[PDB]
**Q** 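Take a look at this one; I'll ask things after.
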Number of protein chains: 2
Amino acid sequence: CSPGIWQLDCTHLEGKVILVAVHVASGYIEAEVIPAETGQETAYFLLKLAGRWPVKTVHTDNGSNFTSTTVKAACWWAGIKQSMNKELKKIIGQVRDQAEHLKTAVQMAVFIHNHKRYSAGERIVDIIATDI
Amino acid sequence: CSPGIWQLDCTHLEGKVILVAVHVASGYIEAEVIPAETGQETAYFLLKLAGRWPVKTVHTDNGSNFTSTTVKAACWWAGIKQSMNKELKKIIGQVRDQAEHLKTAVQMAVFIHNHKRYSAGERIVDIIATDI
Ligand SMILES: Cc1nc2c(c(C)c(C)n2Cc2cnn(C)c2)c(-c2ccc(Cl)cc2)c1[C@H](OC(C)(C)C)C(=O)O
Ligand SMILES: Cc1nc2c(c(C)c(C)n2Cc2cnn(C)c2)c(-c2ccc(Cl)cc2)c1[C@H](OC(C)(C)C)C(=O)O
């Protein structure tokens, strides 16, 4: 798929919100725990993702998340335009005993996902690099 | 330089702590605002960085930051072993008026730094990909 398409969704676990970004063409994931499922957390997350990877278009399974003027401004500033969450939840449960806070287990699961085999982290760098 | 060497340092601005990670061979930066300059924030940051990029060795200008058992455990789990901050502070001041919170301005400055020209974000993907 195109090298700039990211899918972004907000999932739940242990009463907390986990925002999951997936590089469609590669399966590479960037996920974080946020205190609330607000537009301010989404906007701030998009600004982080955009500055680290080429984010050209963003898709979601809940269009209402991209309706806040806060989120639209972030998409405007970064020049952004408009399944996997169970695989991650699977990994989180496997490593959940190794961590106290859920945020730590989430990052443990992101590490495992991106580096497990080529791997998702290896495909994205090859895709983004090929396009360059 | 080697494709897995990252430099990590904790800088200050507006009474808050900004942790800055720099991919030595490329100049690519990942930076975030943390509430306090504690080992728990460092460890959690390392776990995030490691899961998104190949982090093999980490250097710092303050060795005492890597002495906490909390940080050493993160380095252990992720298989990690053991100038730029002014360029970023320069960009943060330029865009500071465009944001209320310092964390937003930091990510704005990371975006600008990595994508400004090849750019730092383009060199890192070419370096990591070449090594693959
Ligand atoms: C909350 C926490 N405290 C920790 C550690 C460690 C290793 C120590 C010694 N302590 C103090 C302690 C624990 N028990 N006692 C009696 C004292 C870790 C940790 C877990 C896995 C990895 Cl790879 C790396 C660090 C965490 C993790 O949180 C972060 C935010 C990452 C620090 C978490 O969520 O478990
Ligand atoms: C705190 C904040 N509130 C915001 C916005 C926006 C665009 C609106 C409308 N509001 C509500 C508002 C502001 N004034 N009034 C009277 C009502 C942004 C922002 C700034 C730059 C970008 Cl590219 C994208 C969003 C932020 C930033 O914080 C994050 C954590 C990113 C949300 C920040 O630090 O400025």
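Letters A, B, ... are given to chains in the order of the sequence lines, protein chains preceding strands, and every chain is numbered from 1. The analysis underlying the following values was restricted to heavy atoms, covering all of them including side chains, and did not include hydrogens, waters or symmetry mates. Remember, it's 1-based here, ligands and their atoms both numbered in the order they're listed. Looks like X-ray crystallography, 2.3 Å, at least that's what the header says.
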**Q** Which drug does the model show at ligand 1?
**A**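 That's pirmitegravir.
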**Q** Per the PDB entry, what is the name of the chain that shares the largest number of close contacts with pirmitegravir (ligand 1)?
**A**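 It sits in most contact with Integrase.
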**Q** What other chains come closer than 4.0 Å to pirmitegravir (ligand 1) by at least one heavy atom?
**A**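 Within the heavy-atom cut-off of 4.0 Å: A, B.
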**Q** Does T104(A), backbone or side chain, put an N or O under 3.5 Å from an N or O of pirmitegravir (ligand 1)?
**A**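 Between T104(A) and pirmitegravir (ligand 1) (N or O atoms, distance only) the closest approach is under 3.5 Å.
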**Q** With respect to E100(A), determine whether any N or O atom, backbone or side chain, lies less than 3.5 Å from an N or O atom of pirmitegravir (ligand 1).
**A**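 Yes; the residue has a nitrogen or oxygen that sits under 3.5 Å from a nitrogen or oxygen of the ligand.
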**Q** Near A73(B), which atoms of pirmitegravir (ligand 1) are under 4.0 Å from a heavy atom of that residue?
**A**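 In order of numbering, the contacting atoms are 7 (C), 23 (Cl), 24 (C).
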**Q** Heavy atoms only: which of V71(B), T69(B), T70(B) is nearest to atom 25 (C) of pirmitegravir (ligand 1)?
**A**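 Closest candidate by heavy-atom distance is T70(B).
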**Q** Under 4.0 Å from a heavy atom of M108(A): which atoms of pirmitegravir (ligand 1) are those, numbered in the order shown and with their elements?
**A**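 What qualifies from pirmitegravir (ligand 1) is 21 (C), 23 (Cl).
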**Q** Which residue supplies the protein heavy atom nearest to atom 23 (Cl) of pirmitegravir (ligand 1), what is that atom called, and how far is it?
**A**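 Nearest neighbour among protein heavy atoms for atom 23 (Cl) of pirmitegravir (ligand 1), to 0.1 Å: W77(B) CB, 3.2 Å.
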**Q** Which of the numbered atoms in pirmitegravir (ligand 1) are under 4.0 angstrom from any heavy atom belonging to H101(A)?
**A**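 Reading through pirmitegravir (ligand 1) atom by atom, the close ones are 1 (C), 28 (O), 33 (C), 34 (O).
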**Q** I'd love a list of the residues lining pirmitegravir (ligand 1) within 4.0 Å - heavy atoms, by chain and number.
**A**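 The heavy-atom contacts are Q98(A), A99(A), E100(A), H101(A), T104(A), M108(A), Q40(B), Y44(B), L47(B), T69(B), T70(B), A73(B), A74(B), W77(B).
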